Visitor: 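Hey, check out perindoprilat bound to Angiotensin-converting enzyme.
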Amino acid sequence: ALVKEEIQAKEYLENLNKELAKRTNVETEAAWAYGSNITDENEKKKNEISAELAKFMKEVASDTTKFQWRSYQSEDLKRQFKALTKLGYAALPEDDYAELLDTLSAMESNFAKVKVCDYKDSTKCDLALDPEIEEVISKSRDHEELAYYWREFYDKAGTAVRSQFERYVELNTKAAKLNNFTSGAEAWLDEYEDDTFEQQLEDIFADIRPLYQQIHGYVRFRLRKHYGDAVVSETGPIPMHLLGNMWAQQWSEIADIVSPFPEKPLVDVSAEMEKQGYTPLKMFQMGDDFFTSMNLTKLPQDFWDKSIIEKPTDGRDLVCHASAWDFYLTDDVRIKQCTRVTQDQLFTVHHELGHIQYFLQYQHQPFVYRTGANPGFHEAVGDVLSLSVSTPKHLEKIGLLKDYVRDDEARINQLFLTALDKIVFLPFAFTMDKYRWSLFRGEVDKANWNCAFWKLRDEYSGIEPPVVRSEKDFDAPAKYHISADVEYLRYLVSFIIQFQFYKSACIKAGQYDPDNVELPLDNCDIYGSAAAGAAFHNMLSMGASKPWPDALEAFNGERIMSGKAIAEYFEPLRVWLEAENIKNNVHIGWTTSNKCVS
Ligand SMILES: *[C@@H]1O[C@H](CO)[C@@H](O[C@@H]2O[C@H](CO)[C@@H](O[C@@H]3O[C@H](CO[C@H]4O[C@H](CO)[C@@H](O)[C@H](O)[C@@H]4O)[C@@H](O)[C@H](O[C@H]4O[C@H](CO[C@@H]5O[C@H](CO)[C@@H](O)[C@H](O)[C@@H]5O)[C@@H](O)[C@H](O)[C@@H]4O)[C@@H]3O)[C@H](O)[C@H]2NC(C)=O)[C@H](O)[C@H]1NC(C)=O
Ligand SMILES: CCC[C@H](N[C@@H](C)C(=O)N1[C@H](C(=O)O)C[C@@H]2CCCC[C@@H]21)C(=O)O
Ligand SMILES: *[C@@H]1O[C@H](CO)[C@@H](O)[C@H](O)[C@H]1NC(C)=O
Ligand SMILES: *[C@@H]1O[C@H](CO)[C@@H](O)[C@H](O)[C@H]1NC(C)=O
Ligand SMILES: [Zn+2]
C-alpha cells in the first residue's frame with residue numbers, strides 16, 4: 001500500500017542523494033584535474049569516471065519505476081523522484097556515451113589549445129586567446145590587424161572541429177529522444193519548467209529590441225567617424241572585429257571612441273587598479289568582502305587552498321575560460337580563473353563568486369536540489385553585485401575612481417557604457433541558442449550550417465564577419481560555450497532577471513527611489529546591505545527545491561520574469577539616445593550581410 005511505500009521512498013531518496021553527491025564528487029575531481037591540466041591521461045580519467053557515473057544513473061532511473069512516485073502525497077518527494085528520472089546523456093548506450101564524451105573533449109581541448117602567429121612576427125606562434133589574442137582585439141584600432149586575428153582564431157577554434165561538432169549534434173539528438181524530448185532544444189528548455197518559456201523571451205526581447213537598434217545605429221555612426229566609410233558603411237551590418245570583442249558580445253572596450261560625451265569622464269578603472277598594485281588575490285578578497293558585507297557567507301579555507309586564480313607559468317595546456325566548481329561535500333568550492341588586473345575582470349571575479357555563494361547557500365539541500373532555481377538564476381547572482389561595483393558610487397568608495405563629477409553628461413556616458421555590455425549582449429545570447437536549437441531540431445540542412453549561424457548574427461545583432469565566409473568555414477565553435485556544450489539561454493535569462501534582483505535589492509537597501517533624484521537606480525550600491533543580503537539568503541538557500549517562480553517570490557514577492565526592470569534602468573538613456581540619433585540624422589537598421597556565400 002501507498003502510505004507505507006511513501007515512507008520507504010523518503011528513506012530511499014535520503015540515502016540515494018548522499019550517494020549521488022559522493023559519486024559526483026569523484027567525477028568532478030577528475031574534471032577539475034583535466035581542466036587545470038590538459039593531458040591525454042587526464043582526459044582518459046575524466047571520461048572513464050563519467051562513463052561509470054552514467055552507468056549508475058541508468059540503474060537509478062530504472063529503480064524509480066519500482067516506486068509509485070506519481071501517486072505520492074508529498075510534492076517534495078515527487079519533485080525529487082522526477083529529477084532522478086532525467087538521465088540526459090546518460091540515457092545513451094554505453095558505447096554511444098563513450099563516443100560523445102570523446103567528441104566533447106576533442107572539441108573543448110581544441111579550443112583550449114588554439115595558438116596563432118604574431119601579426120608582425122610569423123616566427124612567434126604561441127599567442128593564445130587568453131590573454132594574447134583578446135588583448136589585441138580589445139586594444140588595437142588597426143582594422144587590418146584586427147581582421148587578421150579574427151580570421152586566424154575562427155579558422156582554428158571554429159572550422160577545425162566541424163566533423164566533431166556534427167557527430168555531437170547527432171548524439172545530442174539521440175540522447176534527447178531516448179529521454180523522449182523531441183530534440184536537445186527541448187531537453188535544455190526543460191530546465192526552465194515552463195511550456196511558454198520561449199514565447200516569454202520573444203516577447204521580452206521584442207520590447208527591448210528597439211533600444212538595441214538605437215545603440216547599434218549610434219555606435220556605427222561613431223565608428224564611421226573613427227575608421228572612415230571605406231571600413232564602416234552607414235547602411236550595412238557593423239564589421240564585428242571593430243567592436244572590441246572576439247564574438248562582438250560586449251562592446252565596452254570601444255567606449256573611448258563611441259562615448260556620448262568624450263570631454264566628460266568615462267569610467268575605466270584598470271589603470272588605477274595597476275597603480276594601486278592590485279593582484280588577483282586582492283580582487284578575490286574584495287569580492288569575498290562584498291558578499292560578507294551583505295551578511296552573506298564567507299569563502300571557506302578550501303576555496304583559498306585549492307582555487308587557481310592566476311594562469312600557470314609552466315608550459316602546460318589548460319582551460320583558461322573562467323569557471324566556478326561545486327564538489328558536493330561541505331565547503332569544497334573552487335574557482336579556476338586566469339585572472340588579469342582589469343575593470344571587466346573585477347566584474348568577472350564577482351560573477352564567478354556569485355556561483356560560489358549559491359553553492360554555499362544550498363549545500364545543506366539534498367543533492368538533486370543542489371543547483372540553481374533555473375540556470376539563469378545561477379548566472380544572475382554575481383552580476384547583481386557587479387552592477388553596484390560598477391557604479392561611480394562604489395568605485396569612489398574603494399578609491400578606484402578619482403576626481404569624478406557626476407553631471408548629466410557623465411551619467412549618460414555611464415549608462416551608455418553599461419548598455420554596451422547589458423543591452424548589446426541580449427541579441428547575441430539569444431542567437432547562440434537559436435542557432436543550436438535549429439540544428440538540434442533538424443531545421444537546417446548540413447549544407448547550410450555555417451551561413452545559418454551568420455544569418456542569425458546578422459538578423460538579431462546587425463554584425464558580420466570582417467571577411468567573406470562560406471560553407472567551407474564553420475565558425476560557431478569559435479565561441480567557448482559552443483565547443484564546450486554549455487547551454488547559453490541561461491545568460492539571456494540572467495541579463496533580464498538580474499535587473500529584477502538589482503532593482504529589488506536597491507529598494508530594500510534604501511538605495512533606489514524612482515521619485516528621488518538623489519537615488520537613481522544606475523548609481524545604487526548594495527555594499528554593506530544586510531537587507532539586500534537577506535533577500536539573497538531567502539532565495540539562494542532554496543536551490544532547486546521549488547519551481548523558479550517560488551524562488552523569485554522568496555526574493556521580492558514576484559513570480560513573473562519581466563523586462564520592466566531592465567527597461568526602467570535604461571530609460572534615461574533611451575530618452576537621450578532617441579533624441580541624439582534624430583539630432584544627428586543617424587541611420588537605423590541594416591541591409592542583409594554579403595559576408596557568407598551560400
Ligand atoms: C519513452 O516513451 C516510450 C514509449 O514510446 C517508453 O517505452 C515504453 O515504456 C513502458 C514502460 O513504462 C513499456 O511498457 C511495458 O510494456 C511491456 C510489453 O511491451 C512489449 O510489447 C510492446 C508492443 O506491444 C513492445 O514495443 C515492447 O518492446 C515489448 O515487447 C509490458 O509487459 C509491461 O507491463 C508490465 O508493467 C506494468 C507496470 O505498470 C504499472 O504497474 C503498477 C504495478 O506496480 C500498477 O499499479 C500501475 O497501474 C501500472 O499498471 C504492469 O501493469 C504489467 O502488469 C506488467 O508488469 C509494460 O506495459 C513499453 O513497452 C515501452 N515501449 C513502448 C513502445 O510502448 C519509455 O519508457 C519512455 N522513456 C522514458 C525515459 O520515459
Ligand atoms: C563553463 C562556463 C562558465 C562561465 N564562464 C564565464 C566566464 C562566461 O562564460 N561568461 C559569459 C561569456 O563569457 O560568454 C558571459 C557571462 C557574463 C559575465 C562575465 C562572464 C560570463 C560562467 O561562469 O558562467
Ligand atoms: C599534468 O598531468 C601530468 C600527467 O597527465 C602530471 O604528471 C603532471 O604532474 C601535471 N602537471 C601539473 C603542473 O600539475
Ligand atoms: C545575518 O544573517 C543571519 C542568518 O544568516 C540573521 O539571523 C541575522 O539577523 C543577519 N544579521 C543582520 C544584522 O541582519
Ligand atoms: Zn556564470
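Index from 1, following the sequence. Below, each value reflects all heavy atoms present in this structure, side chains not excepted, and no hydrogens, waters or symmetry copies. The deposited model was determined using X-ray crystallography, 1.9 Å. All ligand and atom numbering here is 1-based and tracks the order in the structure.
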Visitor: What are the identifiers of all copies of perindoprilat in this structure?
Guide: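 The answer, copies included, is ligand 2.
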Visitor: Under 4.0 Å, heavy atom to atom, what does perindoprilat (ligand 2) touch in the other chains?
Guide: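 The heavy-atom binding site is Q249, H321, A322, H351, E352, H355, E379, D383, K479, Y480, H481, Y488, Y491.
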Visitor: Could you tell me whether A322 and perindoprilat (ligand 2) have an N or O pair separated by under 3.5 Å?
Guide: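 It does: an N or O of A322 is found under 3.5 Å from an N or O of perindoprilat (ligand 2).
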Visitor: Could an N or O of perindoprilat (ligand 2) be found under 3.5 Å from any N or O of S323, whether backbone or side chain?
Guide: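 Checking perindoprilat (ligand 2) against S323, no N or O pair falls under 3.5 Å apart.
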Visitor: How does perindoprilat (ligand 2) relate to the UniProt Zn(2+) site of chain A: which of those residues have a heavy atom under 4.0 Å from it?
Guide: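 UniProt annotation plus heavy-atom distance gives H351, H355, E379.
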Visitor: Any nitrogen or oxygen of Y480, side chain or backbone, less than 3.5 Å from one on perindoprilat (ligand 2)?
Guide: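 So perindoprilat (ligand 2) has no N or O lying under 3.5 Å from an N or O of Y480.
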Visitor: Within the structure, does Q249 bring an N/O atom to less than 3.5 angstrom of an N/O atom in perindoprilat (ligand 2)?
Guide: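 Yes; at least one N/O pair falls below 3.5 Å.
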Visitor: Is any other ligand or ion found less than 4.0 Å from perindoprilat (ligand 2), and which?
Guide: ligand 5 (zinc ion)
Visitor: Any non-hydrogen protein atom below 4.0 Å of atom 20 (C) of perindoprilat (ligand 2)?
Guide: no
Visitor: I want to know if perindoprilat (ligand 2) touches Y488 in the polar sense, i.e. an N/O pair below 3.5 angstrom.
Guide: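 It does: an N or O of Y488 is found under 3.5 Å from an N or O of perindoprilat (ligand 2).
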Visitor: Which UniProt domain would you name for the part of chain A holding most residues in contact with perindoprilat (ligand 2)?
Guide: Peptidase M2
